[PDB]
Structures are given as structure tokens and as C-alpha cells.
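Drug bound: R-roscovitine. Macromolecule: Cell division protein kinase 2.
In what follows, chains carry the letters A, B, and so on, assigned in the order in which the sequence lines appear, proteins first and then strands, with residues in each chain numbered from 1. Counting convention: from 1, in listed order, for ligands and their atoms alike. Quick check of the header: X-ray crystallography, 1.8 Å.
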Amino acid sequence: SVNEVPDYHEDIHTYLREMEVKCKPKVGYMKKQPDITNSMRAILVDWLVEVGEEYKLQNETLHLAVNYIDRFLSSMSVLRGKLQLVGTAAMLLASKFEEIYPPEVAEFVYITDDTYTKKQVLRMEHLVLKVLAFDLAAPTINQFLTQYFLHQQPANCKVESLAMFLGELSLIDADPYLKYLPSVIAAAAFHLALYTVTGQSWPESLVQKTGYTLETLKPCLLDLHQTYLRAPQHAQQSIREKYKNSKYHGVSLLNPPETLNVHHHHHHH
Amino acid sequence: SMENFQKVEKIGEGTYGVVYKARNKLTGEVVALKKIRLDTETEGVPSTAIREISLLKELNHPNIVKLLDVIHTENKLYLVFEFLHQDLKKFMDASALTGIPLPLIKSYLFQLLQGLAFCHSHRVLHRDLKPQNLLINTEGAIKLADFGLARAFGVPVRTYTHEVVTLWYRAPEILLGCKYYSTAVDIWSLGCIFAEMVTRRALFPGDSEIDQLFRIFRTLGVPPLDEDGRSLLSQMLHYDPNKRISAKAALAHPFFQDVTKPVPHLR
Ligand SMILES: CC[C@H](CO)Nc1nc(NCc2ccccc2)c2ncn(C(C)C)c2n1
């Protein structure tokens, strides 16, 4: 029905595919940050996951905040002691954009444990808006996933939760995930979740919609599979903890598949 | 930062901020300035501004008001908009006795649907389509304005803010508090506006939520409108949000086969 916007979904998909290219952060950016690293970024993103859980925020808000952080850090050098300030302001901005009831500024100050002042958070909010030129309506993995989910017959709640779990894991690790577009990560996440739960593969109807085949998705899929396998040993554990809950059907407790059983023509493969 | 602008008169106050008519002293351009106060020690930049600026920077269409510049001071934000001479509410009031010619009504509705189709195609719900937010110029154009209550939506939609759309233009699915609402809510509003252009009276001027619902129940269960007009209107005001016509489909309706672009009709 109209909640699925039949007359516009294809226009919207085409537009989002245009915009994700324009909203893409710089792939190499951390190499050009003298004071911060991918490991520090992982700590920050993992913390934002915790914040999102604590304040019961939308996963979309979390994805938006990460996009803002990566775009900001693509343009602006930030010292280590100020990284969490960028993150806090990003999460505040994402919340104002996306949430019906965003937390008040005082709650964002509280979550940072009084390292920063309220003035600092507010001034950083303004700086982030300037640097991003108010361009905050970024396409997320989540936005593509919900569109992909409509191709289920019927809907599978464990598939949906696991795909979201895998998409979320990708936010933690700039290497490799910065080189992949949200539509591609969502596609690889959907396939991997579909296969883990049901044994099914990336649907033909989504091949026609997205133009993505398992062949084009392979590099991202192989990365995501490895991330999934190594997940219980990752330094960052908030997403796994989150997805143990009944809300997400305890999908982080599921065993990842040992192999993807992808097509290999050679006898020795 | 605002040295080049000379304020002329106060225009009014919309969803947020204050709007002034101003002139650019260097280029001669007449603009509308929306002044937004921050809030620098408490809540920062309002979500209304964040949404309107972000979305209006994306939305470039003849029937959506043009955002020209954002001037980013420490304590205030100034949005520079194109100036439009009149709003549709004032125009209808000015036309209370004369009426509005059908070709202009048809042109305005066609353009509003073009603008709205553009919004929905770019995942934006307006959610505040009332005559006060529809702006007209001397050349026959009409444009959507005040995106303070607008929202970028996902597919499929999830639950959004309930306190949306001023009472008179509020779709039944909002009034009854359905957990989901979509692009259909904007169509309802434009249907109400269509009727209001024909009569120069609000279609459902409810005094309360119950009165609002009763007024809707009466009518569905506009004299001077032809068969094609009433056909389109009934489809724009369908009770079922699923059955309600889309802006896209509305543009293809027989009512518009002979559409032109007349000039108002009053100054
Ligand atoms: C939409 C509501 C806004 C504030 O009442 N009114 C308004 N009205 C506008 N024009 C109508 C008008 C002109 C002069 C006086 C009163 C109203 C106008 N033009 C550009 N802009 C914007 C989008 C900042 C305009 N805004």
C-alpha cells in the first residue's frame, strides 16, 4: 500500500543511489589524520552504539551519525582528545534530523562523562553543520535494507535482524568498509543474512532493481563474511551485545556459515 | 555578514524564525530573509532549521521555493530565499467576492502537484500544506514553502511525529492516530486546498478534533466545479490512504488536459 510508496519507490531508489555517491566520505582519510586512527574510530562508533541503546534511538540515527563523522573527518583534522566531541555533536545532529523525540543536549553532555562542556557540544554542532554545509539527508545502509526487505516472500524477522546486525558491524571498521557504498554493504548484508538463516540467495528481483549480482557483490561479501566470523574476537563488542536481545531475535548468537558456497568453475577450487 | 541587505518590512512568522522582506543593495535583488535565533547556551540549532535547510538544498524545482543562501553567524542563522509577492491565503481572501478563474485554479493545482510529486519522488513529506505556505508571483507561478515541518522518509515508512498538519488540512489517518502515514497525507491537504480555491472557504474548518472528523464524515459520507474537477477532488479526498490518488497519477488526470499558465487575476 501507500506506506510502501508504490508510485515513487523506484524514483526514490534511483535518487538514493545518486546521493550515496555524493555523500560518500573519503576512502583514505585516516591516512591524512596525523593524530587519530581507524582503531580510535572503532572505539567511537562502538560507543555511539551504546548511546543509541541507552537512549533507545533508531538504528537510522546511528548510521547517519557515522556518515557525518566520516564526512567531517574527511575535511577536518581532529586531535585525539576531541574525537569524542565530534562524535557527540554528530549523534546530536543525527537525532535532531531523524528522531521524533531526540534526547536533550544535557543528555549528550552527560554521556561524555563531563570531559566536555555543554558549550563545547553546542559549538561543535555548529562547526559540523558548517563543514557539512547542512547536507544531512544522507543515504544509509539502513535505508537500502528496508527497501531490500520488501523483496522477501514472506518476511523473515531473523533475516531482517541479522542483515541489520551485519550492516551495523561494517560501521565499526573503516578498513575495509569505507571503500563500499551503503547500497552495496546493504546488498552483501542482506544476502549473507538470507543465506545464514534460510540458505537462500540474493533475489533475482533485487538483481533487476539494484543491478547488483553476487559477482559484483563478491568483494564486499567476502569482507563481510570475514568480519562476521571474527566478530566474537573483535575489540569492539557493543553491537554483538545489542543483537543478543529478544528485540533483535538474538541474531548475534547464531553461528555464521563456515563457507558461502559461491560458484567456482575450476576442479581445484 | 548581512551588510549588503536592507530590510524593507516584516513579512511574518512561520513554523520557526521570522521572515523579512529585504533588498540586496549591490544587485538590486529583492529577497525574503528568514532569521533564526540560536540558542547557543541551551539547545543549539533547531531540528526544524536542520530539516528545512538540508531538504531545500536538495530540492530544486520550479514549484518549490528557492533557498539562495545560508548566512551562518555565531548567534543567528539567516536564510536567504527568493521573494514571492503573495501567499495563496491572502490571494483567496482578496478574491472572496470576485472568485478565482478556473484556468488559474487548474494551473495552480497542476503546479502544486508537480512540486509535490517532486518532493515525494525525493523521499520528502511536506506535512504542512496550507494556503499560507503556498506562494505566488506575478507571472503565474505557485510554489511550496515553509519546510520546517517536513521530513525525509524511508521506504517503507515508519512511525513519525503525530502533531503534524494544521487541523483543517489534516488527513483522517492522522486524526484517527494510525501508527503509519505516508505521502497520501500531503495529497489530502492539496485536495482541501483545491476545494478552497474554488469556494474561497476552508473545506473542513473544524473547531476541534471531533468537529473536524464530523465535518469530514458529513461531506464524503463544491458547486461550480465540472465533472472532471469533482472526479479528481474525490480521488484526492479518498478516505483510504491506499486508494487516495498520488501526485504523479493526479498530473495525468483528464482535468489537466487543457491546462495553461494564466497570470493572476488581481495584481
Ligand atoms: C510561508 C510563510 C512565510 C512567513 O509567514 N511567508 C512568506 N511569504 C512570502 N511572500 C508573501 C508575502 C509578501 C509580502 C508580505 C507578506 C507576505 C515569502 N516569500 C518568500 N518567503 C519565504 C519562503 C522565506 C516567503 N514567506
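Using a 4.0 Å cut-off on heavy atoms, the other chains next to R-roscovitine (ligand 1) are B. Under a 4.0 Å non-hydrogen cut-off, the residues that form the binding site of R-roscovitine (ligand 1) are B:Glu9, B:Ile11, B:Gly12, B:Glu13, B:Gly14, B:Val19, B:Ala32, B:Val65, B:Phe81, B:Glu82, B:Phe83, B:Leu84, B:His85, B:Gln86, B:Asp87, B:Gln132, B:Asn133, B:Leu135.
Of all atoms in R-roscovitine (ligand 1), listed by their number and element, those nearer than 4.0 Å to a heavy atom of B:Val65 are 23 (C). In this PDB entry, the source organism listed for chain B is Homo sapiens.
In chain B, most residues contacting R-roscovitine (ligand 1) belong to UniProt domain Protein kinase. Taking the UniProt ATP-binding residues of chain B and keeping those with a non-hydrogen atom under 4.0 Å from R-roscovitine (ligand 1) leaves B:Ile11, B:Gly12, B:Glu13, B:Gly14, B:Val19, B:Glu82, B:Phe83, B:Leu84, B:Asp87, B:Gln132, B:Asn133. Taking atom 26 (N) of R-roscovitine (ligand 1) as the reference point, the nearest protein heavy-atom neighbour is B:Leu135 CD1, 3.9 Å. Those atoms of R-roscovitine (ligand 1) that come under 4.0 Å of a heavy atom in B:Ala32, given as number and element, are 19 (N), 20 (C), 21 (N), 24 (C). At the heavy-atom level, UniProt-annotated Mg(2+) binders of chain B within 4.0 Å of R-roscovitine (ligand 1) are as follows: B:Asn133. Residue-ligand proximity, B:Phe83 to R-roscovitine (ligand 1), at heavy-atom distances under 4.0 Å covers atoms 13 (C), 14 (C). The nearest of the UniProt-listed active-site residues in chain B relative to R-roscovitine (ligand 1), at the least heavy-atom distance to 1 Å, is B:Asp128, 8 Å.
Of all the atoms in R-roscovitine (ligand 1), the ones that sit under 4.0 Å from a non-hydrogen atom of B:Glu13 are 5 (O).
Among the atoms of B:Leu84, some N or O lies under 3.5 angstrom from an N or O of R-roscovitine (ligand 1).
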Distances only, to 0.1 Å: what are the N or O pairs between R-roscovitine (ligand 1) and the protein that fall under 3.5 Å?
{"unit_1": "R-roscovitine (ligand 1)", "atom_1": "10 (N)", "unit_2": "B:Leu84", "atom_2": "O", "d": "2.8"}
{"unit_1": "R-roscovitine (ligand 1)", "atom_1": "19 (N)", "unit_2": "B:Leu84", "atom_2": "N", "d": "3.3"}

